[PDB]
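Notes for the one structure printed next.
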Amino acid sequence: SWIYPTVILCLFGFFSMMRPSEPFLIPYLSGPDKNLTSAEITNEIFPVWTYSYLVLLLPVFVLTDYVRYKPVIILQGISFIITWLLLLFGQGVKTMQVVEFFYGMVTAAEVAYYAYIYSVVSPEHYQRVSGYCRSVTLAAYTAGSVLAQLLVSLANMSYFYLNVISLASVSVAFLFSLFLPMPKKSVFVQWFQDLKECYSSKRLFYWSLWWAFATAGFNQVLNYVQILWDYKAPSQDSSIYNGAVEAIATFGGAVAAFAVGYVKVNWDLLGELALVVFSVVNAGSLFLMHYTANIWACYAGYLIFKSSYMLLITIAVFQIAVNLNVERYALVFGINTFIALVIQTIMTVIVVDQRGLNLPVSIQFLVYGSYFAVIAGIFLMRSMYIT
Ligand SMILES: Cc1cnc(Nc2ccc(OCCN3CCCC3)cc2)nc1Nc1cccc(S(=O)(=O)NC(C)(C)C)c1
């Protein structure tokens, strides 16, 4: 039944995201072992991830369905071993740009990871599995963060051994990906015409329109929420309080994702109302983050925002999967992720890039809340227009 592929994919997505080195990547990179600097990390290393993410998304979303979703998952596994082997034994900027290239491979193939299970189970489970998948990944993340925040503070574990544990985790995920069951088989304008037949599905260009625009703002909030927290209450101890909050904000999101899989609720006839309710919830949380000068209220707002967004994106992925009616599971997921990344890049050029408006983080989250309020009102007025 659905149990075996779902369990194997959940194990892969757990051990491939249970990465203790993620919260402490910068202290690892800028430190006594790697010996990098904050200039070479944010200007010569980090943008390589974005560039590699866009271009590797290009073949990822074109060719994933054709190769039946397993080799890209296996390619993600091999990229995990290469990325962390180079992180473990890499020196100089040149090697870390290769690390960023392979992490772009990993992040692009996450799209294949999310679509493989849809390619392998019956549509009747497409809801349950959906939540489970998202849930375990988020769970993995918080576990990793916890296994970080515990170890470094209760075993004096150097970041080198954190990355060793991370490599051990992602290598076992490679073995789990090796055991994934293989899904069964089945000019330029023609492809586009097929795309025209793929995005014409019922309520799938609408959920796609939410996915393309909402997750761009979500990634912007993810990137700059740490800066907002540092601006709100600049303290030397916040390093142990920021990530932990995210460790309890991702976990809550996991629960929200687990809400989609577990409960049996007809989403087809209620997905629009849930979409508008949780979109205005995201907007209200983001305005709650910006307006209140209290770090605890801001933490609660971030938790609410992350949980509601994770619930909404789980619903979006499930609703796209059921309504797709074509095998191009990763084509829609990949194109949605690529468009979301393009929108996020354009917005980060406009709002925070020094060549644009150069808005500080005080107004950064006001702009993000306004962006999400526009998303909600566009989607809320659509429901009224239909009725
Ligand atoms: C293991 C690893 C390898 N290479 C990188 N390169 C990289 C590091 C930071 C990046 O963010 C872009 C720059 N922004 C960072 C903050 C302000 C600007 C983009 C790419 N990051 C890595 N870790 C990492 C850094 C940020 C987010 C994540 S995540 O997968 O867990 N995604 C989040 C949910 C945390 C947003 C993981």
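The residue numbers of chain A are those assigned by the PDB entry, with the residues present covering 11-196, 261-461 sequentially. One-based numbering, in listed order, for ligands and for the atoms of each. Atoms considered below: every heavy atom in the structure, side chains included; atoms not considered: hydrogens, waters and symmetry mates.
Lab note: most contacts to ligand 1 come from the chain UniProt lists as Thiamine transporter 2. The drug candidate or drug found at ligand 1 is named fedratinib.
Chain A, UniProt TM segments numbered from the N terminus, heavy atom closer than 4.0 Å to fedratinib (ligand 1): 2, 3, 4, 5, 7.
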